[PDB]
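Next up: a structure with piperacillin (open form).
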Amino acid sequence: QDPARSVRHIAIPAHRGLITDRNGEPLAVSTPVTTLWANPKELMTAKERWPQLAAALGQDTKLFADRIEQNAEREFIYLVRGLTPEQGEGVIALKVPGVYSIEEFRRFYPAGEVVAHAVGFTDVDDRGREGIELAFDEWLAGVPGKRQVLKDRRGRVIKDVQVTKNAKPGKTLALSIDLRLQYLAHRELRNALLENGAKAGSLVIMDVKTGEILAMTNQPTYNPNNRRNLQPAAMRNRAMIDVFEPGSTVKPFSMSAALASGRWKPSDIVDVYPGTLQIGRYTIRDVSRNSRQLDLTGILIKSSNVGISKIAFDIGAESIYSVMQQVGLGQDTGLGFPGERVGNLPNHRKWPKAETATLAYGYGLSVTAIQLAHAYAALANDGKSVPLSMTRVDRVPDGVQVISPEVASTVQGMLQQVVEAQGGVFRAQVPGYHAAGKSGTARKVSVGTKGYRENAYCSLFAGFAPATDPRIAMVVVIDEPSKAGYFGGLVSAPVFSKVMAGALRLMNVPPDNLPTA
Ligand SMILES: CCN1CCN(C(=O)N[C@@H](C(=O)N[C@H](C=O)[C@@H]2N[C@@H](C(=O)O)C(C)(C)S2)c2ccccc2)C(=O)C1=O
């Protein structure tokens, strides 16, 4: 009986779609590779050739011979996947019976580590594994073809009957990222990390008018063309997967809820003396404690938890929760890519006072840097939230009004004072422009469950520019800076300054800090 003939179907591998940046710079490029395979049934008739084949493949003579012997009844085995066509030619040139070529594709990432977390990469089979490669795998992958062949009793092809399905290439995908801004960001987050002996960080740049991610970089990073060094940590797209308590960076949202309540205007006053406020067993504390009356701007400039807490008791936590939720903090109303974390916004039917105050000044919730950037974009875009995109946006979808335009404009001008006023975050100033934002510094949650660590910090700055016609929102998050000065305004705000400056200049944004004309 046995088998004199077989009909089988072998794949025609398809060309995966080019990934570019928003200007057509290649970021992921399908590269011709040569996969060597062999038919053991045919190899078995030419043993005298095996040693020169094993040497060609960098394999021990005996272990190779053992492998072939052990698979003598099979018709297919991989020798090696993914060598260059030049190297596959070197093995093919030996003319060993039963050794064959498949012309395949494998990815190359020309920007390497610079954009590795955003682009992601493919597995051994050329299917998306992380990032864009995975999120847009159906678009990029295309469909492999199918060829019907006739085969004899030892797996040798007698004839190509027909192509049953044509291979169709995957489609080109242009990201929203500008590789020039991405590089700038990369380099400046890298430098600040090193300068501060920090463990990790992220930076996200968004177009506030289009919802586009113009840049997304994290440290540590890795070279996606050589993933031998293997370290899982370095592969984390922290901007999208690592949640943190945003601390004082959410105070502009609490303030938007105050302004919207009917009960507060910027020039109203809060008594924050003596810099602490007891709430049953918990004490709210400010870092600087030489204040009494502060106006609402001043509460943001000095970053008083007490002042923001007293506002929150007056307007109620529900209003603050609603703002945070509407801007996307702890919500799944972002990109929603595979692997992305949502974080968490605590909810209560009856908010106790401690939870009300902590929410208002940014603890008891957890958000990602992308969320925080998107929230800042909505504030900067006169309270309108344009849907997030990682792909180039030619037709901008409709924004949703999440904060009233007047409230958003009032809070903008407060955040510009936070940067520009005496006692403010002067290091966030952007030469040429008016900039606006908010610093944050949060003690990290103690690892073995519990509470907080007195040694370890997350250093934040979030903002936008130009303050008077906003274009760009940006978040800089630096995890465990290790020097004397660890405050957001020392650590993160200068990175904001430099990367915002570069980005506005790259985008030809006209200066708006000009003598009053
Ligand atoms: C729920 C308990 N629990 C947990 C953590 N915790 C907390 O981490 N506190 C930080 C804080 O108060 N940060 C504020 C907003 O981030 C202010 N803004 C900073 C900035 O602008 O850089 C600042 C000027 C350094 S103070 C803090 C305290 C001390 C030093 C640096 C930062 C609390 O307070 C708090 O109650």
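Numbers in chain A come straight from the PDB entry, and the residues shown are 47-563, in order. Order of listing sets the numbers, starting from 1, for every ligand and every atom in it.
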Inset, instruction - Determine the main partner chain of piperacillin (open form) by heavy-atom contacts under 4.5 Å and name it as in UniProt. - result: Peptidoglycan D,D-transpeptidase FtsI
Legend entry - piperacillin (open form) binding site (4.0 Å, heavy atoms): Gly293, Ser294, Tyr328, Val333, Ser349, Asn351, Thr404, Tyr407, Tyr409, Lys484, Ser485, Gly486, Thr487, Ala488, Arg489, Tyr498, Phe533, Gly534
Legend entry - Under 3.5 Å: N/O of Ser485 near N/O of piperacillin (open form): yes
Inset, instruction - Could you list which atoms of piperacillin (open form) come closer than 4.0 Å to a heavy atom of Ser294? - result: 13 (N), 14 (C), 15 (C), 16 (O), 17 (C), 18 (N), 19 (C)
Inset, instruction - Check piperacillin (open form) against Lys484 and write out every atom of the ligand that is under 4.0 Å from a heavy-atom position of the residue. - result: 21 (O)
Inset, instruction - Kindly confirm or rule out an N or O of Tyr498 lying under 3.5 angstrom from an N or O of piperacillin (open form). - result: no
Legend entry - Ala488: numbered piperacillin (open form) atoms lying under 4.0 Å from its heavy atoms: 8 (O)
Inset, instruction - Using distance alone, determine whether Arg331 and piperacillin (open form) share an N or O pair under 3.5 Å. - result: no
Inset, instruction - Identify which residue UniProt marks as active site in chain A lies closest to piperacillin (open form), and report the minimum heavy-atom distance rounded to 1 Å. - result: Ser294, 1 Å
Inset, instruction - Using distance alone, decide if piperacillin (open form) has a nitrogen or oxygen within less than 3.5 Å of any nitrogen or oxygen in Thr487. - result: yes
Legend entry - Ligand-residue contact atoms, piperacillin (open form) with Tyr328, heavy atoms, under 4.0 Å: 1 (C), 2 (C), 3 (N), 35 (C), 36 (O)
Inset, instruction - Using a strict cut-off of 4.0 Å, indicate which atoms of piperacillin (open form) neighbour a heavy atom of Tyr407. - result: 36 (O)
